[PDB]
Structures are given as C-alpha cells and as structure tokens.
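Drug present: omalizumab.
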Amino acid sequence: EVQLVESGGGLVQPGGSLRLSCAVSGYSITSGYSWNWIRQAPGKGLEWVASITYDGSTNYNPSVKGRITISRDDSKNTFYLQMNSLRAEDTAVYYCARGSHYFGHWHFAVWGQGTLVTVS
Amino acid sequence: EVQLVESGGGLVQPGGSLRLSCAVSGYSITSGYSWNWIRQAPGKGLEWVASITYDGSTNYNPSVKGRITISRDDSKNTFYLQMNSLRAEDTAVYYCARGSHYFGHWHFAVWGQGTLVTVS
Amino acid sequence: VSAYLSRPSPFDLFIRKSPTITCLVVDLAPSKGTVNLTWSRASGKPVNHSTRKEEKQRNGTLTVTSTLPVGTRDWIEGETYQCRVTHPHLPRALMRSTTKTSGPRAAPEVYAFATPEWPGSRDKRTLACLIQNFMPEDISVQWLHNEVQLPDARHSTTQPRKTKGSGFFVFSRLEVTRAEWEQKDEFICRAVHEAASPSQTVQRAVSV
Amino acid sequence: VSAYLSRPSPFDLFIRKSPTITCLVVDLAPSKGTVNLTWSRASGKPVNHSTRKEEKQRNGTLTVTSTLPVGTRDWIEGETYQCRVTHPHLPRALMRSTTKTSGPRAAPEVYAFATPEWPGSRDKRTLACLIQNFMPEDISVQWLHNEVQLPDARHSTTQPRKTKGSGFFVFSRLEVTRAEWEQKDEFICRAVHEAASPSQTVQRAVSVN
Amino acid sequence: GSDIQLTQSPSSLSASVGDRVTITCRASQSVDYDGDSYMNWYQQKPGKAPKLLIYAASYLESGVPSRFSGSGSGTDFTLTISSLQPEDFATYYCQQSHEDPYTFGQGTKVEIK
Amino acid sequence: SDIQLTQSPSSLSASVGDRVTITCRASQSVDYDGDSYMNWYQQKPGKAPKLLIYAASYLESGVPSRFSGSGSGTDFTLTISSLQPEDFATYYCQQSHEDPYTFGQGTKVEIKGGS
Ligand SMILES: *[C@@H]1O[C@H](CO)[C@@H](O[C@@H]2O[C@H](CO)[C@@H](O[C@@H]3O[C@H](CO[C@H]4O[C@H](CO)[C@@H](O[C@@H]5O[C@H](CO)[C@@H](O)[C@H](O)[C@@H]5O)[C@H](O)[C@@H]4O)[C@@H](O)[C@H](O[C@H]4O[C@H](CO)[C@@H](O)[C@H](O)[C@@H]4O)[C@@H]3O)[C@H](O)[C@H]2NC(C)=O)[C@H](O)[C@H]1NC(C)=O
Ligand SMILES: *[C@@H]1O[C@H](CO)[C@@H](O[C@@H]2O[C@H](CO)[C@@H](O[C@@H]3O[C@H](CO[C@H]4O[C@H](CO)[C@@H](O)[C@H](O)[C@@H]4O)[C@@H](O)[C@H](O)[C@@H]3O)[C@H](O)[C@H]2NC(C)=O)[C@H](O)[C@H]1NC(C)=O
Ligand SMILES: *[C@@H]1O[C@H](CO)[C@@H](O)[C@H](O)[C@H]1NC(C)=O
C-alpha cells in the first residue's frame, strides 16, 4: 500500500526559505500518478500548490509561481517543495498527496498526515 | 388430443335432406366446451351455422333457422347437423369445431378437416 | 399495475390432488375504487368460489390476491383458466392465462450427497440434492426425514434453469440437526413431476 | 444505450498469460455518426493500442466493442482501467471502470463426484464439482478429459454465491458419454483462481468407476 | 341483414419473406363490451381448415408464433405479422364473437412474391 | 482569475440516519467531454482529507454506497442517504477542470446537540 510522510516543518522566520520533503514508500514516484503539495491555512480552505507527474511534467499554482519550486529524487523515492521568501500568507499545514488519473484530470486519492509551517 | 372428424357429406339433390356427423375423440362433448358447425362456400367467406353446448343449449344462424337442426349423441361422442330442403347455396365445406370460452364469448380453437356438400 | 397468474404445484396436482392457481394483482393505489377480479374457464363450466384478499403494503402499494381451486382431471386434460382484472379507472382490462404447458416431457433424475464437513460445523452437517434433465419446468422438491415429510422452510432450493442440451435442473441445500442425523441417519430427496413414474415421484436417500 | 466493462478471466490472466478487457456498447441504432469510446488508466500511464469493431445485429442494434490488452503484472499490482463512451445523442458520458477485486484471498478447495448410473440412461453419466471457500469471487472452471481440454460448452457452472462462512462457492456439472470414459476414465475438474498456489490452479480427478 | 358485417383490407396483397404485413378489420357496429373487444383472427391455408391465432382482439392462442400480434378496439382491429415467413402465406379471417350470429370477415390472401 | 467554488450550506446539524444534501457552485462551468470534474472530499479534524467522489458521480473505491454525487455545469450536490456516526466531518468540493485546481471552503457537518 502507498504510504506518504511529510517532513520539514517547524517554526520559521519571514523572508527565509524552507524545503519540505515527502518520503514515499510502497509505490515508485516514477512508475505512475501525480505527486502534489496541498496546503491548508488554519481553519481555512485547502489550496493546491504544486504537482509533478510520474513522467516529470510540472505544474504550479500562479499564486506561488516564482517563489516555490517542486523537484524529486528518483534515488530516494522522495519529492520536495522549495519555498523562498516565506510570508505570513504561507503559514499552513502542507499535505502531500498522490493524484489518480482520469482522462487527463487528476484527483487526490492518497494523502499524508501533514506537516506544519509557521512564519512569525 | 381432441380430434374431430366430419362425415356424412357427399353429393345431394335439391329439396332433399342430409345429416352430417362430427365424431369427437379425446374429450367428452358433454364434459365441456361448445360444439359448432361452420361451412364455407367454394371461394366464399366462412359462415357460422350452428352450435350446441355441453349442457344442451342450442344456437342457430337465423339465415338457416327453421330448416337446420343440431343434435347430439352422448354414447357415440358424436354430434350432427340436420338439414332439410337443400338448396344450391348450401353447397360448401362443412367444418366442425370446438369453441373455447372467454367470459361468456366463444372462439374456435380446434377444427376438423372438413367434409364437402355439393348440390345439383 | 402488474398482474400474475400461477400454475398448480406438481405436488398439489399428483399427491394431495387438491390443486389451486392464484391470480395476484400488485401496484394499486388504495385511492382508486376497488378492482374487479373475475374468472373464466376455457370449458365454459362455471367457476368455483374464488377467495379474495387485500393486504396493504409498505410501499403505499396494495395487493389483492385471488385463489381458485381447479379440477385435477380438468387441468391435466388440457384446460385453460383465465383471470380478468378490471377497474373503473383502468381503460381496458388485464387478462392473464394458464395451461398445462404443452411440449415434450422428461422425468427428473435425482442424486443426494453431503458437502464436506467443514470448520464451524460441529453440530451442523450440510446435505445437497441435484435434480436434472426434466421437462417441463414445473417441479416440486421435497426433503423427508425417514417417512416424515420435513417443513419446506428447512430447505431452500434454486430456481429451474435450462441445461446445455434440453433438461432443467435445480439444487436443494439442507442442513440437518445433530439430533436429526442421530435420530435417523437417512434423508430423502424427492421430486414430483408429471413425467415421473409412477405416481409422478422419483426419490433417493443420502446419509451423514 | 448501455455499456459494459468486463474483467479479465482468471484463465486468460494466469494460463494464456494474454489478458484483455472489453468495453461493450449495445442497444444502439446506426443512427447519427458512430460513438467514440476512449480509455484511461488510474496510474496515468498511457493506454496500449486498442482495437475497435462494429457489428449490426438481427434486432437492428449496433454492438460496438473495444478490446484493450493488459499486463498481468499491471492488473495484479492493482491498476484501474476505465472506459468512457460518448455519443451526440447522449448528453453526458457513460463510464465503466474495472480493477482487481479487493479483500482477503483464499484459494479454492475442490471436490468431484460421479453420479450413480440412472435407469434408462446407461450411456450418459454426470460428474459434479463443488468449489468453495475461495476469494475474491473471480474464478475460472474448465473440464479436461485426461489432458484434453473440453469446450466450455460441455459444462455448466453456477455463478459464485457467498457462503455462510468466508469463502464463495461454485458448482459445476459435466455430462460425459460412455464412449468417452471407456476410452479413458479420468476426468479433471480444474479451477483457476488468483490465490491458488502455485500456478493459480487447483483440480481433482474423478472417474466413472 | 341486422348482423354484424366485417370488412377486411386489403383483400389481396404480395409480400416477401421478412416484411411486415398489416391486415385490417372494420365492423358494422362496436364489438366492445366489459373492457374487452371480441374479435378473433384465423389463418387458413388452402385445402385445410382454419387455425385460430388471436382471440379477444389481442391475445395470442397457445402455440402461436410470437410474430403474430393483434390490436384494436371499437370497430377497428389489426392483425400484424411483424416478420413474414415462408409458411405464413395464406388467407386470414377476422371473426367477431360479440353478438349472434357470429360473423366472419371476407378474408385477406397474403401471397408470396 | 481562477475558478471559485461556493458551497452551501456552510454548516449544518443532523442526527444518525438522516439524509443530508450539500451544494457546490462553481464560478464557471467545469464540464468538458460529457463529464463534470467536481470531486468531493471528507476531512475529520486533525486528519487529512479522504476522497469520496470524483468526476461528480463516481465513487472512490471502498467508499460506502450511501455517498452519492450528482450535478453538471456549475451546480453540484453531494448526498448522504443515511448519516452514520463516523460521517461527521467537514466536506469539500474541488474542481479538476482547469488550472489551478481549486477547492470550495467546506461544509461542516456536526451532530445535533453541541460539539
Ligand atoms: C439485440 O441483439 C444483440 C445480439 O444478441 C444483443 O446484444 C446483447 O445485449 C445484451 C443486453 O445488454 C448484452 O447483455 C449484457 O452482456 C454483458 C456482457 O457479458 C457477456 O459477454 C462477456 C464477454 O463476451 C462475458 O464475460 C467474458 O468472460 C470471458 C471468459 O469467461 C472473458 O474472456 C471476457 O473478457 C469476459 O470476461 C459474460 O459472461 C457475458 O457472456 C453482461 O456483462 C451484462 O450483464 C451484467 O450487468 C447486469 C446489470 O446491468 C447484471 O445484472 C448481470 O449479472 C451482469 O453483471 C448484460 O447482460 C449482451 O452482452 C449483448 N451481446 C452482444 C453480442 O452484443 C442486444 O442486447 C439486443 N438488443 C435489442 C434492443 O434488441
Ligand atoms: C408495493 O409493495 C409490494 C410488497 O409486497 C411489492 O410487491 C411485489 O411486486 C413484485 C413485482 O415486481 C412481485 O414479484 C414477483 O414477480 C415476479 C416476476 O418475475 C417472473 O415471474 C413469472 C413467473 O412465471 C415469469 O413468467 C415472468 O416472466 C417474470 O420473469 C415473479 O417471480 C412472481 O410472480 C412475484 O410475484 C412480488 O411478489 C410482490 N410482493 C408481494 C408480497 O406480493 C411492490 O413492488 C411494491 N411497490 C409497488 C410500486 O407496488
Ligand atoms: C365485476 O363484474 C361482475 C359481473 O357483473 C360484478 O359482479 C361486479 O360487481 C363487477 N364489479 C365490481 C367492482 O365488483
């Protein structure tokens, strides 16, 4: 069974930069599916942040384009969210999720427990 | 299984009389159903001639009432058509048929091969 | 509104010799004025006294059933019974008919056995019956506990389905008490069918 | 218009090792231009080369089938194949999905008997097979006369029903002729099921004598 | 002449195997009563006695091929052969059982072309 | 400049066995190719969402049949036919039609009384 675990949260300073990591086990992130980062500000809505397909195609939300970067590591079966110039508007819980494919459209069938990012 | 046989047909002279028989086998003509005579002029339509029920009721076609009689004979499981004063219009094929009952109305579900009556 | 007219069970026709046929009307709105459910026979002899029953339903639906006794000699001789539902609402009338289904006829073969005793069945044993190659489809399946006929509730049997060649077949599964296989270690699977000979009965015995 | 999406049989999947899934569209009249029916996998991996075929029946309806091959490993690893039919005469689309049935897995145990000869039919005998306690429910049953595979017509098998306990069961009847068992009195009732170990096969041998 | 007269059409027709044949009966007066219509349809092949096909306008006599169908009410009834067949070439009669004397239509011959 | 999803109601209370109906309205149509790309998620507090329905009306595997989805264009509805104790959660719709993918704000389904 596919399992996903976020790491890299903590108390962080504004304007700095942080790397979140999603450690996937039980399925290979180059064998299929889309790999997403979705965040949730406290008691607010879910926001889709960025994705990478198994074949390497990347997609971003315009709300974070430029200051956020998504990469993977075939060797470590992990993928990463690089965030620069952190703002208060970035404080949230970041979930990583495995998207399942429906005729060119993706839905988020598997998530992980979440990691918290807080910006003073 | 309820088979019916006409008999007694033949060539007959005008103004005379003849009697046809329907030799019923496989069912008791007093046990149920309606027992009919139908005749058909060569290349003409079917004309219903006479009927007799298992209980003895008679019915005649008014076009021949008064010179046609229908009678039955329980022991020989046979029934008969009595005709006096034969005319040319009586020339036809005489069929006997077992009518089945539907909420007070009868349909002609079982027939016999017919016997021919020729006048003149 | 739908309407159904059943046949006699072979058992009612060839053993008890007290056959009946039921005319069942369903899907009625109780709002409507009551339905007329009259009978006719192909012979023209009059109809016995039929029994009427109304039973309102959990669907807001209403069920009226009519059962009519029928003559054994009359049915086998090739009689036709017809039910007619009319209503002041309904435009015309519904009619359903029944008869002895004419066709080729073959008597059933019967085999009984045990299913392998299996974990979770210390006091429970399971008995099965195969009945096949009969036609027409009309059949009555019976389990008997050594000269005592068993409640039909105790056994559940499958609907007749068509074989590859030409016969029908059914399955009867039966679980017998520890006491029952101990009180008597013999069980009888019997089928009643118009082709079966003699007395329209064929049966076998099988034990735990 | 209706659309049906079949799964690969255990036999096609473990013996022929050439599994395929068919998406069947039925009840359509030729009518307006033909229907478009495409595929998708849950993984997003691309779909093979699928073959389409159109057939006009006696009743005037159109049977359009699309056949797609699958990798046995892909299927067992738990892929999801999805078919989607679109038609101008239909406002929305029909979608059918198929995948490996989730749950516990128990291989089937098999029992075969012969029926005692019946009076009047000395030359036909009936052999029976009960297959039970397996899951999931997907199973393939085939009869062999000593390593000669018999046409699937020769036998009738019940659809799997769920027992009181935890397995499913099926019951298979095979009618064999006297000539067949006198030349060779060995008959094999064989089940192909994904839990059976090894090679996904369980069988019993049954003789008329 | 106060009887019920049944007029059929067509009198004669030509068809091919697989066609749909439709025959019509028109009665001098209504043969409806009690929510039913007492019109029966018979087939007569040459030199043989008639055979009953449909009774009560729309009910198929037992053992009658499914392609035969009847319909109608009032004074208008229709026999329909949905898919003509090689043996179905014959003359076809309607007969009313509502009011005595029972009367027959004049027949329609369906001929093979 | 994105697609907005408004859900209604915001918050609701029910009891076990009730029938609950939630509405999602998209700022513009999410239809293409005869399908509707609206997905429904369940989120219990302190836990991550769980996918229930994708493409408006299709059930994710292992999801109880009591969940059903329907709709087209910009009007979609999640229907729980028979509420259960475990069904008390916040529920999100999210459109997969056009980038960037967007979620509704959520409908909180709380048990009748006081949470
Ligand atoms: C006009 O005439 C045509 C021609 O006869 C009619 O076409 C038929 O139409 C019916 C009605 O829809 C249709 O019945 C459905 O059949 C589905 C297909 O399943 C059949 O075929 C498959 C493949 O051939 C079989 O499975 C295969 O098994 C093989 C090994 O075992 C394997 O190699 C293969 O890959 C498959 O696994 C299957 O056993 C069966 O033979 C059925 O799935 C379906 O039933 C399902 O759905 C209902 C619910 O909707 C359930 O209740 C049911 O239990 C089951 O789950 C349908 O019954 C039939 O396929 C079709 N045939 C053709 C050739 O077109 C047409 O219907 C007629 N229509 C009119 C208006 O006249
Ligand atoms: C209202 O409440 C009622 C609850 O009692 C519901 O009534 C049930 O209605 C169904 C009809 O859908 C009856 O079901 C069966 O009908 C089948 C038909 O299948 C085959 O039957 C013959 C048998 O030879 C076969 O020739 C046909 O071709 C069919 O394939 C039959 O197997 C039975 O006759 C049986 O009647 C139920 O019996 C009936 N229940 C009761 C208790 O009477 C009803 O659905 C509810 N809803 C409505 C809208 O009325
Ligand atoms: C049904 O028809 C018979 C025949 O006259 C009659 O007894 C009955 O009253 C009719 N209608 C009803 C509603 O019973």
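In what follows, every chain begins at residue 1, and chains take the letters A, B, ... in the order their sequences are listed. No hydrogens, no waters, no symmetry mates; every other heavy atom, side chains included, goes into these values. When the header is checked for method, it gives X-ray crystallography, 3.0 Å.
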Practice task
List the ligands or chains that belong to omalizumab, copies included.
Solution key: chains A, B, E and F
Practice task
Write down the name, per the PDB entry, of the macromolecule bound to omalizumab (chains A and F) with the most contacts.
Solution key: IgE Fc
Problem - Other chains closer than 4.5 Å to omalizumab (chains A and F) by heavy atom - result: D
Problem - Top UniProt domain of chain D touching omalizumab (chains A and F) - result: Ig-like 3
Problem - omalizumab (chains A and F): chain with most heavy-atom pairs under 4.5 Å with chain D - result: chain A
Practice task
List the source species for chain D given in this PDB entry.
Solution key: Homo sapiens
Practice task
Determine which residues of chain D make up the epitope of omalizumab (chains A and F), at a heavy-atom distance under 4.5 Å.
Solution key: D:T38, D:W39, D:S40, D:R41, D:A42, D:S43, D:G44, D:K45, D:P46, D:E79, D:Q82, D:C83, D:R84, D:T86, D:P91, D:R92, D:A93, D:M95
Handout entry: Contacting residues of omalizumab (chains A and F) for chain D, heavy atom under 4.5 Å
Key = A:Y27, A:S31, A:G32, A:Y33, A:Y54, A:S100, A:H101, A:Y102, A:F103, A:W106, F:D33, F:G34, F:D35, F:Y37, F:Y54, F:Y58, F:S72
Handout entry: chain A - name per PDB
Key = Omalizumab VH
Handout entry: PDB entry label for chain F
Key = Omalizumab VL
